[PDB]
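Cholesterol 24-hydroxylase, liganded with soticlestat.
Along the sequence shown, residues carry numbers from 1. Hydrogens, waters and symmetry mates are skipped; everything else that's a heavy atom, side chains included, is used. Each ligand, and each atom within it, is numbered from 1 in the order the structure gives.
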Amino acid sequence: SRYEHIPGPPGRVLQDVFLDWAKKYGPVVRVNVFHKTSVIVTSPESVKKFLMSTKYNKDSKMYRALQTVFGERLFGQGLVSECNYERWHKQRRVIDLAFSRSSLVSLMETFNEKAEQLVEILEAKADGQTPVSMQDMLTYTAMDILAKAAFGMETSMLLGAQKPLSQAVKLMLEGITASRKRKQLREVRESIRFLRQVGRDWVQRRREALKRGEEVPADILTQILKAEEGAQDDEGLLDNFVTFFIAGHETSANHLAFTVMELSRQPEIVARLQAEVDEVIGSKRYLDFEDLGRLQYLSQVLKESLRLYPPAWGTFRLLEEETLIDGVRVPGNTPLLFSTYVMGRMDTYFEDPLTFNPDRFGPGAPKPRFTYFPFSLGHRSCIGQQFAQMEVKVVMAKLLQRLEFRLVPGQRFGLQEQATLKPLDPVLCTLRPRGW
Ligand code: HEM
Ligand SMILES: O=C(c1cccnc1-c1ccncc1)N1CCC(O)(Cc2ccccc2)CC1
(Lines of atoms letter the chains of each structure in order from A; the text may use other names.)
(Lines give C-alpha, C1' and ligand atoms only; values in the text may rest on other atoms or scores of the structure.)
(Ligands and ions follow the chains in the order given, each with its own letter.)
Protein backbone atom coordinates (compact mmCIF):
# COMPACT_ATOMS: atom_id res chain seq x y z
CA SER A 1 0.00 0.00 0.00
CA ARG A 2 3.02 2.35 0.09
CA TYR A 3 3.14 1.96 -3.72
CA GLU A 4 -0.59 1.71 -4.65
CA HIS A 5 -0.77 5.37 -5.80
CA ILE A 6 1.91 4.64 -8.46
CA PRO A 7 0.48 3.94 -11.95
CA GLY A 8 0.34 0.30 -13.01
CA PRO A 9 -1.77 -2.84 -13.42
CA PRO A 10 -4.27 -4.10 -10.85
CA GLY A 11 8.70 -16.32 -27.59
CA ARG A 12 7.29 -13.52 -25.42
CA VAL A 13 9.15 -12.56 -22.24
CA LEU A 14 8.58 -10.61 -19.00
CA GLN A 15 10.34 -7.59 -20.61
CA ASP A 16 7.45 -7.42 -23.16
CA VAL A 17 4.90 -7.22 -20.39
CA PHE A 18 6.98 -4.34 -18.99
CA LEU A 19 6.82 -2.72 -22.45
CA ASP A 20 3.02 -3.06 -22.60
CA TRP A 21 2.77 -1.57 -19.12
CA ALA A 22 5.15 1.33 -19.87
CA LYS A 23 3.12 2.24 -22.99
CA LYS A 24 -0.19 1.98 -21.15
CA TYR A 25 0.75 3.53 -17.75
CA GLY A 26 3.58 5.97 -18.60
CA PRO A 27 7.20 6.66 -17.60
CA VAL A 28 7.00 5.47 -13.95
CA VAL A 29 5.20 2.16 -13.29
CA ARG A 30 4.87 -0.16 -10.29
CA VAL A 31 5.78 -3.84 -10.98
CA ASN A 32 6.89 -7.18 -9.43
CA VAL A 33 10.47 -8.48 -9.85
CA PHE A 34 12.09 -11.01 -7.46
CA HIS A 35 9.10 -10.68 -5.08
CA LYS A 36 9.91 -7.02 -4.30
CA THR A 37 7.95 -4.07 -5.63
CA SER A 38 10.04 -2.05 -8.02
CA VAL A 39 9.33 0.93 -10.28
CA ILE A 40 10.19 0.86 -13.98
CA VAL A 41 11.45 4.25 -15.13
CA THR A 42 11.42 4.92 -18.88
CA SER A 43 11.96 8.64 -19.46
CA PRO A 44 15.37 9.69 -20.81
CA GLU A 45 15.43 12.47 -18.21
CA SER A 46 15.36 9.82 -15.44
CA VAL A 47 17.90 7.65 -17.28
CA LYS A 48 20.31 10.58 -17.29
CA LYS A 49 19.63 11.56 -13.66
CA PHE A 50 20.04 8.17 -12.08
CA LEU A 51 22.60 6.37 -14.28
CA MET A 52 24.98 9.31 -14.82
CA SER A 53 25.61 9.94 -11.12
CA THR A 54 27.68 8.28 -8.39
CA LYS A 55 25.02 9.42 -5.91
CA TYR A 56 22.87 6.49 -7.05
CA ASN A 57 24.12 2.96 -6.41
CA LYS A 58 22.93 -0.50 -7.42
CA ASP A 59 20.15 -2.07 -5.36
CA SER A 60 21.63 -5.06 -3.53
CA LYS A 61 18.25 -6.72 -3.02
CA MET A 62 17.75 -6.88 -6.80
CA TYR A 63 21.28 -8.25 -7.38
CA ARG A 64 20.85 -10.93 -4.66
CA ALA A 65 19.56 -13.19 -7.47
CA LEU A 66 23.02 -12.98 -9.09
CA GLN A 67 24.97 -13.13 -5.79
CA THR A 68 23.62 -16.49 -4.62
CA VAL A 69 21.24 -19.02 -6.18
CA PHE A 70 19.43 -21.56 -4.00
CA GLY A 71 22.04 -21.13 -1.25
CA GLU A 72 25.05 -21.42 -3.59
CA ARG A 73 27.37 -18.44 -4.01
CA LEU A 74 27.51 -17.48 -7.69
CA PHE A 75 28.58 -13.91 -8.64
CA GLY A 76 28.87 -13.02 -4.92
CA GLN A 77 30.56 -9.64 -4.47
CA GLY A 78 32.31 -9.60 -7.84
CA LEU A 79 32.38 -6.59 -10.10
CA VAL A 80 28.75 -6.76 -11.38
CA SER A 81 26.99 -7.62 -8.19
CA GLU A 82 28.97 -5.53 -5.66
CA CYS A 83 26.71 -2.68 -4.56
CA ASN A 84 28.92 -0.77 -2.09
CA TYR A 85 30.58 2.05 -4.11
CA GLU A 86 33.90 1.98 -2.32
CA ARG A 87 34.39 -1.81 -2.64
CA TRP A 88 33.26 -1.66 -6.29
CA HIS A 89 35.59 1.26 -7.09
CA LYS A 90 38.66 -0.50 -5.68
CA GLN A 91 38.18 -3.58 -7.91
CA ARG A 92 37.01 -1.65 -10.98
CA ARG A 93 40.19 0.46 -11.13
CA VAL A 94 42.54 -2.50 -10.82
CA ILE A 95 40.66 -4.64 -13.34
CA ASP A 96 40.43 -1.64 -15.76
CA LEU A 97 44.12 -2.26 -16.62
CA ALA A 98 43.19 -5.46 -18.51
CA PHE A 99 40.87 -3.44 -20.77
CA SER A 100 43.32 -0.72 -21.79
CA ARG A 101 43.73 0.10 -25.45
CA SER A 102 46.98 -1.92 -25.70
CA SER A 103 45.64 -4.90 -23.69
CA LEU A 104 42.73 -5.14 -26.13
CA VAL A 105 44.76 -4.72 -29.31
CA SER A 106 46.91 -7.70 -28.21
CA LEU A 107 43.75 -9.87 -28.14
CA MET A 108 43.24 -9.51 -31.90
CA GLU A 109 45.09 -12.80 -32.56
CA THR A 110 42.83 -14.78 -30.21
CA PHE A 111 39.74 -13.17 -31.77
CA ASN A 112 40.94 -13.93 -35.31
CA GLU A 113 42.04 -17.48 -34.42
CA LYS A 114 38.76 -18.59 -32.86
CA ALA A 115 36.74 -16.82 -35.60
CA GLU A 116 38.76 -18.59 -38.28
CA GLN A 117 38.27 -21.94 -36.51
CA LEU A 118 34.49 -21.40 -36.36
CA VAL A 119 34.31 -20.47 -40.05
CA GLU A 120 36.37 -23.50 -41.15
CA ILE A 121 34.04 -25.77 -39.13
CA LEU A 122 31.00 -24.06 -40.73
CA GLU A 123 32.43 -24.17 -44.29
CA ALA A 124 32.74 -27.95 -44.05
CA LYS A 125 28.96 -28.13 -43.29
CA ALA A 126 27.96 -25.61 -45.98
CA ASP A 127 26.01 -28.01 -48.21
CA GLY A 128 22.71 -26.03 -48.15
CA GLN A 129 21.05 -28.99 -46.36
CA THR A 130 22.71 -29.80 -42.99
CA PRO A 131 20.97 -27.87 -40.19
CA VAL A 132 23.46 -26.00 -38.02
CA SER A 133 22.61 -24.41 -34.66
CA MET A 134 24.18 -20.99 -34.94
CA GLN A 135 23.29 -20.28 -31.28
CA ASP A 136 25.39 -23.27 -30.17
CA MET A 137 28.25 -22.58 -32.62
CA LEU A 138 28.49 -18.91 -31.60
CA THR A 139 28.27 -19.78 -27.89
CA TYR A 140 31.23 -22.21 -28.26
CA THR A 141 33.22 -19.53 -30.12
CA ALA A 142 32.49 -16.90 -27.47
CA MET A 143 33.52 -19.30 -24.67
CA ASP A 144 36.76 -20.36 -26.41
CA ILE A 145 37.64 -16.73 -27.01
CA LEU A 146 36.83 -15.72 -23.38
CA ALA A 147 38.67 -18.66 -21.76
CA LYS A 148 41.80 -18.00 -23.77
CA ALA A 149 41.61 -14.18 -23.67
CA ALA A 150 40.76 -13.74 -19.96
CA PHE A 151 42.32 -16.86 -18.40
CA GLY A 152 44.93 -18.28 -20.83
CA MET A 153 43.01 -21.58 -21.02
CA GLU A 154 41.88 -23.66 -24.02
CA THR A 155 38.31 -24.90 -23.47
CA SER A 156 38.14 -26.32 -27.05
CA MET A 157 34.31 -26.23 -27.17
CA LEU A 158 34.51 -25.78 -30.95
CA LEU A 159 36.21 -29.22 -30.98
CA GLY A 160 33.27 -30.71 -29.02
CA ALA A 161 35.06 -30.57 -25.64
CA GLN A 162 33.65 -29.46 -22.27
CA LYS A 163 30.01 -30.61 -22.65
CA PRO A 164 29.62 -30.81 -18.84
CA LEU A 165 30.71 -27.17 -18.54
CA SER A 166 28.18 -26.03 -21.18
CA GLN A 167 25.51 -27.91 -19.26
CA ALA A 168 26.63 -26.30 -15.99
CA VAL A 169 26.35 -22.85 -17.51
CA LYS A 170 22.94 -23.55 -19.01
CA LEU A 171 21.43 -24.93 -15.77
CA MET A 172 22.93 -22.09 -13.73
CA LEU A 173 21.41 -19.46 -16.04
CA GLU A 174 17.98 -21.11 -15.83
CA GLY A 175 18.27 -21.14 -12.02
CA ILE A 176 18.85 -17.37 -11.81
CA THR A 177 15.46 -16.67 -13.46
CA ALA A 178 13.76 -19.62 -11.70
CA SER A 179 14.33 -18.12 -8.22
CA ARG A 180 12.19 -15.02 -9.04
CA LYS A 181 11.59 -29.33 -8.27
CA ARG A 182 13.93 -31.36 -6.02
CA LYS A 183 15.97 -32.50 -9.05
CA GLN A 184 16.13 -28.97 -10.51
CA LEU A 185 17.51 -27.65 -7.19
CA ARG A 186 20.15 -30.43 -7.18
CA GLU A 187 21.18 -29.72 -10.79
CA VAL A 188 21.38 -25.97 -10.30
CA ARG A 189 23.42 -26.16 -7.08
CA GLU A 190 25.84 -28.74 -8.47
CA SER A 191 26.39 -26.57 -11.58
CA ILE A 192 27.28 -23.48 -9.58
CA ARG A 193 29.65 -25.52 -7.35
CA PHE A 194 31.20 -26.95 -10.56
CA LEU A 195 31.82 -23.48 -12.05
CA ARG A 196 33.52 -22.28 -8.81
CA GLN A 197 35.66 -25.41 -8.71
CA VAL A 198 36.77 -24.77 -12.26
CA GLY A 199 37.74 -21.36 -10.82
CA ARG A 200 39.81 -22.93 -8.04
CA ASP A 201 41.51 -25.26 -10.54
CA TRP A 202 42.46 -22.57 -13.07
CA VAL A 203 43.59 -20.22 -10.27
CA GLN A 204 45.84 -22.91 -8.78
CA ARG A 205 47.29 -23.66 -12.23
CA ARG A 206 48.09 -19.98 -12.72
CA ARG A 207 49.75 -19.81 -9.29
CA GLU A 208 51.75 -22.96 -10.05
CA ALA A 209 52.85 -21.52 -13.41
CA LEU A 210 54.09 -18.36 -11.66
CA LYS A 211 55.90 -20.43 -8.99
CA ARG A 212 57.73 -22.56 -11.57
CA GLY A 213 58.70 -19.32 -13.37
CA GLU A 214 56.86 -19.92 -16.64
CA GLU A 215 55.69 -17.16 -18.95
CA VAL A 216 52.24 -15.88 -18.02
CA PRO A 217 50.75 -13.21 -20.34
CA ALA A 218 49.01 -10.44 -18.37
CA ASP A 219 45.27 -10.91 -18.68
CA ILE A 220 41.97 -10.35 -16.84
CA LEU A 221 42.96 -13.13 -14.44
CA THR A 222 46.17 -11.25 -13.57
CA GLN A 223 44.19 -8.17 -12.47
CA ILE A 224 41.52 -10.20 -10.68
CA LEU A 225 44.29 -11.81 -8.62
CA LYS A 226 45.80 -8.34 -8.09
CA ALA A 227 42.46 -7.01 -6.81
CA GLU A 228 42.60 -9.63 -3.99
CA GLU A 229 46.30 -9.21 -3.10
CA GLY A 230 45.81 -9.46 0.69
CA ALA A 231 42.28 -10.78 1.20
CA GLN A 232 41.65 -13.25 4.05
CA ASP A 233 40.30 -15.91 1.64
CA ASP A 234 39.81 -16.65 -2.09
CA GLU A 235 36.02 -16.12 -2.14
CA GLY A 236 36.36 -12.64 -3.69
CA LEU A 237 38.73 -14.06 -6.27
CA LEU A 238 36.27 -16.86 -7.13
CA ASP A 239 33.37 -14.36 -7.29
CA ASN A 240 35.21 -12.44 -10.02
CA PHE A 241 36.36 -15.61 -11.80
CA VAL A 242 32.79 -16.78 -12.16
CA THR A 243 31.53 -13.32 -12.98
CA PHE A 244 33.96 -12.77 -15.87
CA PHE A 245 33.74 -16.42 -16.99
CA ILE A 246 29.98 -16.01 -17.46
CA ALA A 247 29.60 -12.31 -18.30
CA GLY A 248 32.54 -12.49 -20.69
CA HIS A 249 30.84 -14.89 -23.13
CA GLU A 250 27.06 -15.20 -22.49
CA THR A 251 25.93 -11.82 -23.83
CA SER A 252 28.47 -11.74 -26.68
CA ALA A 253 27.07 -15.13 -27.72
CA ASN A 254 23.44 -13.90 -27.42
CA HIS A 255 24.28 -10.73 -29.40
CA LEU A 256 25.87 -12.76 -32.19
CA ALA A 257 22.93 -15.20 -32.31
CA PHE A 258 20.34 -12.38 -32.42
CA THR A 259 22.25 -10.64 -35.21
CA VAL A 260 22.58 -13.79 -37.34
CA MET A 261 18.89 -14.57 -36.71
CA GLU A 262 17.70 -11.07 -37.72
CA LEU A 263 20.03 -10.85 -40.71
CA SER A 264 18.49 -14.12 -42.03
CA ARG A 265 15.41 -12.07 -43.07
CA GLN A 266 17.32 -8.98 -44.29
CA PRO A 267 18.92 -10.06 -47.57
CA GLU A 268 19.48 -6.47 -48.75
CA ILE A 269 21.35 -5.53 -45.58
CA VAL A 270 23.31 -8.81 -45.86
CA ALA A 271 24.39 -7.99 -49.42
CA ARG A 272 25.56 -4.53 -48.22
CA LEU A 273 27.50 -6.15 -45.36
CA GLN A 274 29.08 -8.72 -47.70
CA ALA A 275 30.10 -5.84 -50.02
CA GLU A 276 31.67 -3.81 -47.16
CA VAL A 277 33.68 -6.78 -45.88
CA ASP A 278 34.87 -7.56 -49.43
CA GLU A 279 36.07 -3.93 -49.89
CA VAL A 280 37.73 -3.44 -46.49
CA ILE A 281 39.51 -6.79 -45.91
CA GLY A 282 39.33 -8.55 -49.30
CA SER A 283 40.59 -12.12 -48.90
CA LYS A 284 42.79 -11.45 -45.82
CA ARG A 285 42.35 -14.22 -43.28
CA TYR A 286 43.22 -11.79 -40.47
CA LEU A 287 41.48 -8.51 -39.53
CA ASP A 288 43.88 -5.85 -38.22
CA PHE A 289 42.84 -3.48 -35.47
CA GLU A 290 42.57 -0.59 -37.96
CA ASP A 291 40.19 -2.64 -40.16
CA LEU A 292 37.59 -2.70 -37.37
CA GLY A 293 37.01 1.03 -37.61
CA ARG A 294 36.47 0.78 -41.37
CA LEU A 295 33.57 -1.70 -41.00
CA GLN A 296 31.22 1.23 -40.42
CA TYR A 297 28.03 -0.30 -41.80
CA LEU A 298 28.71 -3.44 -39.80
CA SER A 299 29.09 -1.24 -36.66
CA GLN A 300 25.69 0.29 -37.39
CA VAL A 301 24.04 -3.10 -37.90
CA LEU A 302 25.41 -4.39 -34.54
CA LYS A 303 24.16 -1.23 -32.77
CA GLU A 304 20.67 -1.74 -34.27
CA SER A 305 20.75 -5.41 -33.25
CA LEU A 306 21.37 -4.21 -29.67
CA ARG A 307 18.47 -1.68 -29.83
CA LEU A 308 15.94 -4.43 -30.60
CA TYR A 309 17.71 -7.35 -28.94
CA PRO A 310 19.75 -6.24 -25.90
CA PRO A 311 20.89 -9.42 -24.09
CA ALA A 312 21.54 -7.37 -20.92
CA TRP A 313 18.07 -5.96 -20.65
CA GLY A 314 18.27 -3.79 -17.55
CA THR A 315 19.86 -2.44 -14.42
CA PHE A 316 18.62 -1.41 -11.00
CA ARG A 317 19.48 1.51 -8.77
CA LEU A 318 18.42 2.16 -5.17
CA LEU A 319 16.34 5.28 -4.57
CA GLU A 320 17.18 6.14 -0.96
CA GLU A 321 14.96 9.20 -0.36
CA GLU A 322 11.39 9.85 -1.49
CA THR A 323 11.69 11.61 -4.86
CA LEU A 324 9.42 13.07 -7.52
CA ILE A 325 10.10 11.12 -10.73
CA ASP A 326 8.32 12.52 -13.84
CA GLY A 327 5.36 13.77 -11.80
CA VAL A 328 5.06 10.63 -9.68
CA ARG A 329 5.89 10.40 -5.98
CA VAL A 330 8.24 7.42 -5.49
CA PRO A 331 8.87 6.46 -1.83
CA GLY A 332 12.37 6.10 -0.41
CA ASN A 333 14.03 2.66 -0.30
CA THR A 334 12.71 1.59 -3.69
CA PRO A 335 14.47 -0.24 -6.52
CA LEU A 336 14.29 1.61 -9.83
CA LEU A 337 14.40 -0.50 -13.01
CA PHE A 338 15.96 0.95 -16.19
CA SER A 339 15.41 -1.14 -19.33
CA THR A 340 17.00 -0.49 -22.72
CA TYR A 341 14.75 -3.30 -24.02
CA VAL A 342 11.56 -1.39 -23.20
CA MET A 343 12.81 2.01 -24.40
CA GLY A 344 14.14 0.52 -27.60
CA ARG A 345 10.66 -0.69 -28.51
CA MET A 346 8.72 2.47 -27.63
CA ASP A 347 7.49 4.62 -30.51
CA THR A 348 7.93 7.72 -28.31
CA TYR A 349 11.71 7.17 -28.57
CA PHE A 350 12.12 5.32 -31.88
CA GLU A 351 10.00 5.85 -35.00
CA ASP A 352 8.67 2.44 -36.23
CA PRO A 353 10.45 0.73 -33.31
CA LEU A 354 10.03 -2.81 -34.66
CA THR A 355 11.67 -1.97 -38.03
CA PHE A 356 15.36 -3.04 -38.25
CA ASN A 357 17.05 0.01 -39.77
CA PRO A 358 20.88 0.36 -39.39
CA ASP A 359 20.60 3.90 -40.81
CA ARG A 360 19.41 5.04 -37.32
CA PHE A 361 23.11 4.90 -36.41
CA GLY A 362 24.48 6.53 -39.60
CA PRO A 363 27.21 9.20 -39.27
CA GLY A 364 24.75 12.12 -39.84
CA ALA A 365 21.81 10.75 -37.82
CA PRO A 366 20.66 12.34 -34.53
CA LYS A 367 22.23 10.28 -31.76
CA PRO A 368 19.85 8.71 -29.24
CA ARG A 369 19.95 10.76 -26.02
CA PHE A 370 19.54 8.42 -23.06
CA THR A 371 17.08 6.08 -24.84
CA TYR A 372 19.66 3.43 -25.83
CA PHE A 373 22.07 1.74 -23.40
CA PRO A 374 22.84 -1.94 -24.16
CA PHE A 375 26.07 -1.67 -22.11
CA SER A 376 24.37 0.62 -19.56
CA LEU A 377 25.71 4.14 -18.78
CA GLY A 378 27.80 5.94 -16.18
CA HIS A 379 30.23 4.47 -13.66
CA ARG A 380 28.54 1.03 -13.68
CA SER A 381 28.63 0.66 -17.49
CA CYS A 382 30.12 -2.53 -18.98
CA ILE A 383 33.88 -2.86 -18.40
CA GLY A 384 34.01 -5.27 -21.38
CA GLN A 385 32.11 -3.12 -23.90
CA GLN A 386 35.09 -2.55 -26.18
CA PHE A 387 36.29 -6.22 -25.79
CA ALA A 388 32.77 -7.29 -26.83
CA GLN A 389 32.49 -4.81 -29.71
CA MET A 390 35.86 -5.97 -31.10
CA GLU A 391 35.18 -9.70 -30.75
CA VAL A 392 31.72 -9.65 -32.33
CA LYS A 393 33.01 -7.51 -35.22
CA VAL A 394 35.77 -10.01 -35.93
CA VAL A 395 33.40 -12.98 -35.78
CA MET A 396 30.70 -11.28 -37.88
CA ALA A 397 33.17 -10.05 -40.52
CA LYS A 398 34.64 -13.50 -40.97
CA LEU A 399 31.21 -15.17 -41.34
CA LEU A 400 30.15 -12.50 -43.89
CA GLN A 401 33.37 -12.96 -45.85
CA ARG A 402 32.93 -16.67 -46.29
CA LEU A 403 29.35 -17.95 -45.81
CA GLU A 404 25.71 -17.44 -46.79
CA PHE A 405 23.10 -18.32 -44.12
CA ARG A 406 19.48 -19.30 -44.57
CA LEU A 407 17.32 -19.80 -41.49
CA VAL A 408 15.56 -23.20 -41.52
CA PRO A 409 11.81 -22.65 -42.04
CA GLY A 410 9.88 -22.98 -38.76
CA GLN A 411 12.66 -21.32 -36.76
CA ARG A 412 11.19 -18.50 -34.72
CA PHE A 413 12.35 -14.97 -34.03
CA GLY A 414 10.99 -14.97 -30.46
CA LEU A 415 12.90 -14.49 -27.23
CA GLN A 416 13.54 -16.36 -24.00
CA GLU A 417 14.82 -14.98 -20.67
CA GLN A 418 17.58 -16.85 -18.68
CA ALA A 419 19.13 -14.00 -16.69
CA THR A 420 19.87 -12.50 -20.11
CA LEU A 421 17.65 -12.35 -23.18
CA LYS A 422 18.42 -14.74 -26.02
CA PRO A 423 16.84 -16.40 -29.04
CA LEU A 424 14.05 -18.86 -28.12
CA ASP A 425 15.16 -21.25 -30.92
CA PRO A 426 18.68 -22.54 -31.69
CA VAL A 427 18.95 -20.30 -34.82
CA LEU A 428 19.09 -23.41 -37.09
CA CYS A 429 20.54 -22.47 -40.48
CA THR A 430 21.69 -24.11 -43.65
CA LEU A 431 24.87 -22.65 -45.13
CA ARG A 432 26.59 -22.23 -48.50
CA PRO A 433 30.05 -20.88 -49.33
CA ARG A 434 30.05 -17.39 -50.82
CA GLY A 435 30.45 -17.49 -54.60
CA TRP A 436 27.77 -19.99 -55.73
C1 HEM B 1 27.48 -7.56 -26.10
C2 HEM B 1 28.05 -8.02 -24.99
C3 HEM B 1 27.86 -7.33 -23.62
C4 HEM B 1 26.81 -6.62 -23.21
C5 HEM B 1 25.54 -6.32 -24.02
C6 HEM B 1 27.06 -6.19 -21.86
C7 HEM B 1 26.21 -5.43 -21.10
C8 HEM B 1 26.44 -5.00 -19.82
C9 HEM B 1 25.56 -4.20 -19.00
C10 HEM B 1 24.15 -3.70 -19.40
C11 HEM B 1 26.18 -3.98 -17.83
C12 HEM B 1 25.62 -3.26 -16.61
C13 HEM B 1 25.13 -4.38 -15.67
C14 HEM B 1 24.29 -3.89 -14.51
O15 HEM B 1 24.05 -2.67 -14.36
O16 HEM B 1 23.83 -4.74 -13.69
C17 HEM B 1 27.48 -4.64 -17.87
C18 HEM B 1 28.40 -4.66 -16.85
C19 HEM B 1 29.50 -5.48 -16.80
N20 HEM B 1 29.98 -6.29 -17.82
FE21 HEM B 1 29.11 -6.49 -19.68
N22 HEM B 1 28.29 -6.67 -21.48
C23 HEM B 1 28.79 -7.39 -22.53
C24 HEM B 1 30.02 -8.02 -22.59
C25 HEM B 1 30.88 -8.15 -21.53
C26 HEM B 1 32.18 -8.77 -21.57
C27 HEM B 1 32.80 -9.35 -22.86
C28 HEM B 1 32.69 -8.72 -20.34
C29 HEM B 1 34.04 -9.25 -19.81
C30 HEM B 1 35.02 -9.68 -20.61
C31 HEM B 1 31.70 -8.10 -19.48
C32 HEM B 1 31.82 -7.88 -18.14
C33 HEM B 1 31.10 -6.99 -17.40
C34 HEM B 1 31.39 -6.67 -16.03
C35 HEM B 1 32.54 -7.23 -15.17
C36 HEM B 1 30.33 -5.66 -15.64
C37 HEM B 1 30.20 -4.92 -14.31
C38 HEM B 1 30.94 -3.60 -14.52
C39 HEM B 1 30.95 -2.70 -13.30
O40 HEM B 1 29.94 -2.68 -12.57
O41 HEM B 1 31.97 -1.98 -13.08
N42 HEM B 1 30.61 -7.74 -20.24
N43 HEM B 1 27.60 -5.25 -19.10
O1 LIG C 1 25.07 -9.74 -14.59
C2 LIG C 1 24.47 -9.95 -15.63
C3 LIG C 1 24.69 -11.24 -16.33
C4 LIG C 1 23.96 -12.37 -15.93
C5 LIG C 1 24.15 -13.57 -16.59
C6 LIG C 1 25.05 -13.60 -17.64
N7 LIG C 1 25.74 -12.53 -18.01
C8 LIG C 1 25.61 -11.34 -17.41
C9 LIG C 1 26.45 -10.20 -17.91
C10 LIG C 1 26.96 -10.21 -19.22
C11 LIG C 1 27.76 -9.16 -19.69
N12 LIG C 1 28.03 -8.13 -18.90
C13 LIG C 1 27.60 -8.10 -17.65
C14 LIG C 1 26.80 -9.11 -17.10
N15 LIG C 1 23.64 -9.01 -16.17
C16 LIG C 1 22.88 -9.29 -17.37
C17 LIG C 1 21.45 -9.35 -16.79
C18 LIG C 1 20.79 -7.97 -16.51
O19 LIG C 1 21.24 -6.84 -17.26
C20 LIG C 1 19.69 -7.65 -15.44
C21 LIG C 1 19.43 -8.62 -14.31
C22 LIG C 1 19.59 -8.18 -13.00
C23 LIG C 1 19.36 -9.03 -11.94
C24 LIG C 1 18.95 -10.33 -12.18
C25 LIG C 1 18.78 -10.78 -13.48
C26 LIG C 1 19.01 -9.91 -14.53
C27 LIG C 1 21.79 -7.59 -15.36
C28 LIG C 1 23.34 -7.71 -15.55
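- Mapped onto the model, all copies of soticlestat cover ligand 2.
- Residues touching soticlestat within 4.0 Å, heavy atoms only: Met62, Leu66, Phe75, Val80, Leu173, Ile246, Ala247, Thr251, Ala312, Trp313, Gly314, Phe316, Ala419, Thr420.
- Atoms of soticlestat lying under 4.0 Å from at least one heavy atom of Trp313, given by number and element, are 19 (O), 20 (C), 21 (C), 26 (C).
- Heavy-atom proximity to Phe75, at under 4.0 Å, picks out these atoms of soticlestat: 1 (O).
- Atom numbering of soticlestat starts at 1 in the shown order; those under 4.0 Å from a heavy atom of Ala312 are 19 (O).
- Numbered from 1 in the order shown, with element, the atoms of soticlestat that lie under 4.0 Å from a heavy atom of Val80 read 1 (O).
- The entry's source annotation for chain A reads Homo sapiens.
- Backbone and side-chain nitrogen or oxygen atoms of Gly314 are examined, and one is located within less than 3.5 angstrom of a nitrogen or oxygen of soticlestat.
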